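Depicted below, isoprenaline in association with Beta-3 adrenergic receptor.
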Amino acid sequence: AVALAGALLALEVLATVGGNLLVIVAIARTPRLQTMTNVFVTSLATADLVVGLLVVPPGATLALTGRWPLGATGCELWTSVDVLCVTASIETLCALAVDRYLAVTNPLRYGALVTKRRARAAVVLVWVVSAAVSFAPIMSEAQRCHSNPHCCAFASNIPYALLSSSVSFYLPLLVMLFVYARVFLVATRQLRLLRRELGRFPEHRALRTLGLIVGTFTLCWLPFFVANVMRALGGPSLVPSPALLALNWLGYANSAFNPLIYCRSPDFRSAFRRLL
Amino acid sequence: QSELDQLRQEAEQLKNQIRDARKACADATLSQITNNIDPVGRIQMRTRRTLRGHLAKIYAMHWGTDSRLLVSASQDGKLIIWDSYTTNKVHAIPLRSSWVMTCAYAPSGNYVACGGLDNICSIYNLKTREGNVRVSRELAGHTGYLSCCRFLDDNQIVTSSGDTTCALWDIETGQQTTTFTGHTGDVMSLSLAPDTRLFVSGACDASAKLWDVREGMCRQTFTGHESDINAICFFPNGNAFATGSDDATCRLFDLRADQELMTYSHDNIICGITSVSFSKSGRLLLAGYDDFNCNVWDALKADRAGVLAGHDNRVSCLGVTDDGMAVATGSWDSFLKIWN
Amino acid sequence: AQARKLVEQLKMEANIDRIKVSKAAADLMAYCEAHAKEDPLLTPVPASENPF
Amino acid sequence: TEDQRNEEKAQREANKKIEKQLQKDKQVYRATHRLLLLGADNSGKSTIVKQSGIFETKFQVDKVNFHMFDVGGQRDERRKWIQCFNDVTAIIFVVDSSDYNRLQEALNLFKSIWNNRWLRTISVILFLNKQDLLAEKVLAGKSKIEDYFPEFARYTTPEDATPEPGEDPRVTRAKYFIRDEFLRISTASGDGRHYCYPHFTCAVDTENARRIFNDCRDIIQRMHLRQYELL
Amino acid sequence: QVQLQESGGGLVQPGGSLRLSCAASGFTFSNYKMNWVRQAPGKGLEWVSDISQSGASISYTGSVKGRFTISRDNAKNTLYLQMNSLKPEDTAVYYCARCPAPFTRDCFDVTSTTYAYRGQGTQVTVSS
Ligand SMILES: CC(C)NC[C@H](O)c1ccc(O)c(O)c1
């Protein structure tokens, strides 16, 4: 089906750009929301907005019609920006997870530990490493699309594919799992203590929130990255390019779904009500 | 025993006589006389400036007489002077005690006073020969938290402290020239007349008093509220004043008529007023509230006309410039808005 | 003595002359209407003269 | 207009240096925690302080600077100057558990502090400062708590209670009765935003600072958990 | 002006009963939470009982629990305290203090030595 796919394309792109622009404007034009974690939220919103603006339309067009509508330079630039703005989003998600882990497990010293300058330096370093890993091919189905038959595939060497996958997904995933397991243990301990204390005289929210976050981030990106790793170890026989493109569209759907999870808190809701 | 009862009975009879004399001259209500004037409309003020340099809740501010420079005190131990035109900050004076409850800017612009829970009114000299801001005096005659201070001259500040007394100070010597007593409860605010020969003071006993600076005696007493009086201000002509209390109502008292003219209140507001101020012409009475936003009342029809907003916490301090150009609103969110 | 102080203060407060509330109202109207032409908050001024 | 331009240039340079100073002041100020310490005349709060209108004190534990203070310069009326403490980390409420005649006043004060519009978010660290005197009074037995609390005659020691091995069960019952009175006053209205942390304290206890450290850590941790929609 | 007038009794025998009335004027009774305090001869001011705005949250002090009953009549703007089985320790001066701020669940700083919103009080004396 192609007719439904185009409507899905348009709705997803509109949702991505609208949500990320709304989040960015809400953070920028509200002194209350300028929190140390909200600079990470702003970086995430910027990455997702650039994804939905520059990567999703050309990628979905290539997926729907098996012909690249641009040149070799356009394909190279699109691939570079795709890798950049996909690595940045996951790395800043890991940064958000680390920030809340510090805020929860070190609350007394968190005020003097995480400063605005340190947070902005961390965001800049995240973007720098994302650009460094994205622009490696710039300095540099076997060797077919590299001949520019008007196809923009992901025919990358095994070392680069494995390293890019590990930096973009695997290490952020491991760090997020560790910090979220620790934060979940702390939250359940506090919830059980509160249940004991408040019941002397006549639900699980942390589970729901952490499960939602980790589940969406995993179910939307793990398929593509495991498929890419398996293709790198093997070849076109294991995983087809349409399957890879579908899983990439799923990852772009994750980039679309991000701003409605890290921005559901009541202050964000009030800012959205005033904005909308 | 019997003498005290007789004195109480005589006082009650005299109070009844005062009430009868007051009600005899109450010809018609200003709500009735104002039936021939037109409404003011709908004032739509917008946040012209946003000043953000304070760490903790802003508890007081004061405009300069040049209508450009203002001073603001915050409970983080900071007293910042802002240029309201360019948003810049000229001085940032670190106070000895963090808990400051009031601040004042001298009419000549030379000195700046502050004071809070430390019982002392500190005075800082701005235009020093060395170019620095240093403590010139420390008035330590009050026994109770210092709630307000206003400059009458460069050497004759007047102070209100939460121990049922107000003191007229002499900065050169550093001692109380005159002490005003008579308030039943903690006194919250004071306001000076344009001629500065006499002032009014509102306290936490639902009463306000008119103090003659030279005589140092209680001249007149107004009792129309039902709870603690949090704010007081003068009408620009100086023959009337407005009080804002914690029972979610403002009232207008006249020194001559000895009556309450307007009761600015609404059924939907159950939040106490924290600060009141008048406009230059005396037509708009602005009043902060506990409901996190300010209100603007027409000072002749009591009808609300225009509402300020955009403050994350309660509005604590409110001041209109000497030229009536802008109004500065502080709040417990550490941000100071400037509307016009 | 405290009762004597209270009663004498009330007596001093009970000797001033009270004018009509209507007269005070008329004076208030006079002042507001006379000075209403120089109120930037009441009547908005053009942005040319606006400092903010 | 050169003089004017020089004026704005100097003003902007002064603003920049003042802004640097204010950034330094922010980094200093946000790293310390303020605590409103209050009680009664017979509470003995001054004994807990192990260092005009405010008797200030700084102490430091585990490189964390706590900024505690007593208020004794003002009068008994405290409904106006207490709002100024609506942003403190915790409110340290000290009370003696030995003078039953002055325990209902403490209960009323705790209830009023709890159900206040501006202190509704601030959690309370409760200190019972005269445990040894209470134990001696109960052992003497001349004074009966039921004369001031008729519900004490049907009170049973909670199962969760952890008495120190070697003390009178009557003393344990009295201690946990007072603690449970305070705790029911607390939990009667506290909707999960602020909490009460009672402790049993003598006049010679040398571990009264780690208790405040742990309580403040728990308070701010729960604050963060609630902020992240994660409680 | 806010005023609170108390009317009780004089000398009563031990084990007797007495009804204290408190007439409040100058404010909207229904919006304020009323309290009953007492000052014993040679003793400070202490709190006895309190009633909410409507009368759904009644509370008493322990020593007066089970003997005194507090009830407000908002239509007539008044407060009542019925006292039964009086003990010799019950002799005092009873002040009908009202509350500083309306629409607040906690009433704060009522037993102060100097309090504005408090009546002149009535003496209740019990002896033989
Ligand atoms: C369709 C292709 C160009 N998209 C690549 C994918 O978004 C990706 C992102 C980050 C990576 O590290 C990676 O190997 C691959």
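Throughout, protein chains are lettered first and strands after them, A, B, ... in sequence-line order, and every chain is numbered starting at 1. Numbering of ligands and ligand atoms starts at 1, following listing order.
The parts of the structure that belong to isoprenaline are ligand 1. With heavy atoms closer than 4.0 Å, the chains neighbouring isoprenaline read A. Binding site of isoprenaline, heavy atoms within 4.0 Å: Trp78(A), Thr79(A), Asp82(A), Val86(A), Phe154(A), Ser164(A), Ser165(A), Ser168(A), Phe224(A), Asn228(A), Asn248(A), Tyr252(A). UniProt transmembrane segments of chain A, counted from the N terminus, having a heavy atom less than 4.0 Å from isoprenaline: 3, 5, 6, 7.
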